[PDB]
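Presented below is an entry in which one can find rapamycin.
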Amino acid sequence: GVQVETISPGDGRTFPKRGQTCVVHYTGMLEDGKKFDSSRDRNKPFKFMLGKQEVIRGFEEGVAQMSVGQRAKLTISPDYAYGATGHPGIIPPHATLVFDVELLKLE
Ligand SMILES: CO[C@H]1C[C@@H]2CC[C@@H](C)[C@@](O)(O2)C(=O)C(=O)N2CCCC[C@H]2C(=O)O[C@H]([C@H](C)C[C@@H]2CC[C@@H](O)[C@H](OC)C2)CC(=O)[C@H](C)/C=C(\C)[C@@H](O)[C@@H](OC)C(=O)[C@H](C)C[C@H](C)/C=C/C=C/C=C/1C
């Protein structure tokens, strides 16, 4: 559902716990295509809490398997992203998404 390829290793010890707030930087693009979003450009990190169904499955599960300081390429299949519906006006149906994610801190 989500493939994680390391860009920079984390500490390999400190992983997100259930219900924790993850602070990340991300850039999102359609597979081999258009970049639709980046938190790095506006220089403001993205925050979300696990176990609250706040983000797409592939993003949550991608971040959950990362340790603090890790940067990774997340390749997310449509079923773990926006599926057959897509995301209105931005993500088409059946889109494989690629996210560059860095886990900055846990809070
Ligand atoms: C302007 O920038 C947007 C994010 C944009 C939207 C459009 C997409 C292309 C994108 O560019 O992000 C994007 O790159 C993307 O696909 N993302 C964002 C990064 C994490 C992964 C993914 C995602 O899941 O987006 C999310 C996706 C679009 C929708 C969710 C997908 C999972 C599903 O379970 C949810 O249904 C419940 C809906 C958007 C978010 O990450 C934000 C944080 C979360 C929500 C909006 C909902 O979870 C909401 O439910 C009411 C909440 O619980 C929140 C916390 C309550 C408060 C008031 C809302 C804050 C809204 C913040 C919105 C932000 C920063």
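Throughout, residue positions are numbered sequentially from 1 according to the sequence presented. Counting starts at 1 for both ligands and their atoms, following the listed order. Determined via X-ray crystallography, 1.7 Å.
Here, the model contains rapamycin as ligand 1. Ranked by contacts, the top partner of rapamycin (ligand 1) (the one with most) is named in UniProt as Peptidyl-prolyl cis-trans isomerase FKBP1A. Within a 4.0 Å radius of atom 2 (O) of rapamycin (ligand 1), the protein contributes no heavy atom.
The closest heavy-atom contact to atom 24 (O) of rapamycin (ligand 1), among the options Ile91, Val101, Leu97, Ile56, comes from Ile56. Of the protein's heavy atoms, at least one falls inside 4.0 Å of atom 22 (C) of rapamycin (ligand 1). The protein heavy atom nearest to atom 8 (C) of rapamycin (ligand 1) is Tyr82 OH, 4.1 Å. Within 4.0 Å of atom 35 (C) of rapamycin (ligand 1), at least one protein heavy atom is present. Within a 4.0 Å radius of atom 19 (C) of rapamycin (ligand 1), the protein contributes at least one heavy atom. Protein heavy atoms all stay at least 4.0 Å away from atom 50 (O) of rapamycin (ligand 1). Taking distance alone, with nitrogen or oxygen atoms compared against 3.5 Å, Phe59 stays at or beyond that limit from rapamycin (ligand 1).
The region of chain A touching rapamycin (ligand 1) is mostly the UniProt domain PPIase FKBP-type.
As deposited, there is no covalent attachment of rapamycin (ligand 1) to any chain. In terms of polar-atom proximity, defined here as any N/O pair under 3.5 Å, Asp37 does make such a contact with rapamycin (ligand 1). Ranked by closest heavy atom to atom 7 (C) of rapamycin (ligand 1), the top entry among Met29, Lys52, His87, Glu54 is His87. For atom 58 (C) of rapamycin (ligand 1), the nearest protein heavy atom lies 4.0 Å or farther away. In this structure, atom 10 (C) of rapamycin (ligand 1) has protein heavy atoms in its sub-4.0 angstrom surroundings. Contact annotation: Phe48 has no heavy atom less than 4.0 Å from any atom of rapamycin (ligand 1). Within a 4.0 Å radius of atom 15 (C) of rapamycin (ligand 1), the protein contributes one or more non-hydrogen atoms. Nearest non-hydrogen protein atom to atom 33 (C) of rapamycin (ligand 1) is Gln53 O, 3.6 Å. Atoms of rapamycin (ligand 1) lying under 4.0 Å from at least one heavy atom of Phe99, given by number and element, are 14 (O), 15 (C), 16 (O). Here the shortest heavy-atom distance to atom 43 (C) of rapamycin (ligand 1), taken over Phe36, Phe46, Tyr26, belongs to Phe46.
Measured on heavy atoms with a 4.0 Å cut-off, the binding site of rapamycin (ligand 1) is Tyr26, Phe36, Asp37, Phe46, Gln53, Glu54, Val55, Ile56, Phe59, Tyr82, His87, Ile90, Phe99.
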